[PDB]
Amino acid sequence: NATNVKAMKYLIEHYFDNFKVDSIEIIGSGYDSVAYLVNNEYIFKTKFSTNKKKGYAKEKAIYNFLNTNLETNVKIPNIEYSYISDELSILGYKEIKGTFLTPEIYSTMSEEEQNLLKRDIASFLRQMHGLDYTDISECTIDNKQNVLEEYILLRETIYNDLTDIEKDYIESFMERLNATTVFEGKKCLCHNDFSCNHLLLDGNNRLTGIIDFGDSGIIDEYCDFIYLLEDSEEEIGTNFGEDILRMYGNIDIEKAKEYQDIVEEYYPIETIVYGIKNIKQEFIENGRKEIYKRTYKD
Ligand SMILES: NCC[C@H](O)C(=O)N[C@@H]1C[C@H](N)[C@@H](O[C@H]2O[C@H](CN)[C@@H](O)[C@H](O)[C@H]2O)[C@H](O)[C@H]1O[C@H]1O[C@H](CO)[C@@H](O)[C@H](N)[C@H]1O
Ligand SMILES: Nc1nc2c(ncn2[C@@H]2O[C@H](COP(=O)(O)OP(=O)(O)NP(=O)(O)O)[C@@H](O)[C@H]2O)c(=O)[nH]1
Ligand SMILES: [Cl-]
Ligand SMILES: [Mg+2]
Ligand SMILES: [Mg+2]
């Protein structure tokens, strides 16, 4: 563990001239990134060359747009340090203090505390979804079209070596993709990874901050409800997302659920595709196995 930290301490001090690292520890990690807490005060998100090429660039542009344009008491990252190159990206900002929302914590809250948190969330999403996004119009994401392109990449690579059961799962998804209407609604700026491990609470169990707008863009309004609607051990549950949808208002709940259900069905294929693009066999295997788990669950 000691070695990662030394290397990143060196890089931080090297690229940010007057910055002195008195302490540094690993605070989280993704498949291709590592985040560090520095001087018990700064978060530094870091990445070495992936399929970002412009990964931390977009994320930084989104923080800069949001810090200019949001009116909210909810805190988000405000970038003070950035280094962006092809081979290395680093973003630093002051750590937002608080406690991440979990299902356990939620279950200890009174009904009223739960209501007020749901309202805070609905309010934040209403404010962000309502922004005029002209000044960030580069950050458009078309999920349907992305899936089509990923399907083509599958066809060009490993599709012919998949099993019949795997192929059928994929084709059955594509048929559903082609029949759905859930990509034809309102587009807006969405966080696009809006799960409870990105939501911070203050000492009264109210929403105090939101992190990791790394996947944000102009996309279907339904996107920001995918995790709030998810029924799993990591998320609070379907009722939570429904109530939030009612508070948010002017949105078709049944289509939001259809959108989540389609995204969930896509997951094993998304996983396979990630493995192909990043040359990681392990993801290809995991996604294929998951197709069997889902096929046999009923
Ligand atoms: N950054 C590390 C965060 C941690 O690894 C994590 O929570 N990682 C995430 C764990 C989730 N169980 C995965 O699945 C999530 O999304 C699926 C659809 N996208 C849902 O059907 C699923 O029900 C949900 O659970 C999710 O895809 C993982 O997301 C991570 O990988 C995605 C690529 O697939 C990226 O796009 C995300 N930015 C990143 O958070
Ligand atoms: N308390 C607190 N924790 C934070 C803050 N920013 C980051 N973290 C912590 O660091 C972890 C990683 O941050 P995050 O932005 O989600 O990055 P990532 O998802 O691992 N990487 P990427 O977004 O490049 O794929 C978070 O899960 C959380 O543990 C912050 O402002 N406050
Ligand atoms: Cl495999
Ligand atoms: Mg994250
Ligand atoms: Mg992220």
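Count residues from 1 along the sequence. Note that ligands are numbered from 1 as they come in the structure, with each ligand's atoms numbered from 1 the same way. Side chains included, hydrogens not; waters and symmetry mates left out as well; all remaining heavy atoms used.
Sitting at ligand 1 is the drug amikacin.
Ranked by contacts, the chain bound most extensively to amikacin (ligand 1) is, in UniProt, Bifunctional AAC/APH.
The heavy-atom binding site of amikacin (ligand 1) at 4.0 Å consists of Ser29, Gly30, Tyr31, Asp193, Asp215, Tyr227, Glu230, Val263, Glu264, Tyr267, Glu270. Of all protein heavy atoms, the one lying nearest to atom 21 (O) of amikacin (ligand 1) is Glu264 CA, 3.4 Å.
Distance from atom 25 (O) of amikacin (ligand 1) to its nearest protein heavy atom, with residue and atom name: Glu230 OE1, 3.5 Å. Between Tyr227 and amikacin (ligand 1), at least one pair of N/O atoms sits closer than 3.5 Å. Nearest protein neighbour of atom 35 (C) of amikacin (ligand 1), counting heavy atoms only, is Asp215 OD2, 3.9 Å. Inclusion of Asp193 in the set of residues having an N or O under 3.5 Å from an N or O of amikacin (ligand 1) is warranted.
Ranking the protein heavy atoms by distance from atom 1 (N) of amikacin (ligand 1) puts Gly30 CA, 3.9 Å first. Residue contact check: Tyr267 has heavy atoms under 4.0 Å from atoms 13 (C), 14 (O), 17 (C), 27 (O) of amikacin (ligand 1).
Using UniProt's active-site annotation for chain A, the residue nearest to amikacin (ligand 1) and its heavy-atom distance to 1 Å are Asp193, 3 Å.
The presence of a protein heavy atom under 4.0 Å from atom 6 (C) of amikacin (ligand 1) is ruled out. Among protein heavy atoms, the minimum distance from atom 4 (C) of amikacin (ligand 1) is reached at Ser29 O, 5.0 Å. Using a 4.0 Å threshold on non-hydrogen atoms, atom 11 (C) of amikacin (ligand 1) does not count as touching the protein. Protein heavy atom at the shortest distance from atom 34 (O) of amikacin (ligand 1) is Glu270 OE1, 3.1 Å. Note that atom 16 (O) of amikacin (ligand 1) has protein non-hydrogen atoms nearby, at separations under 4.0 angstrom. Protein heavy atom nearest atom 18 (C) of amikacin (ligand 1), with residue, atom name and distance: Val263 CG1, 3.4 Å. Of the protein's non-hydrogen atoms, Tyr31 OH, 3.8 Å is the one closest to atom 8 (N) of amikacin (ligand 1). At a cut-off of 4.0 Å, the other ligands and ions listed near amikacin (ligand 1) are ligand 2 (phosphoaminophosphonic acid-guanylate ester).
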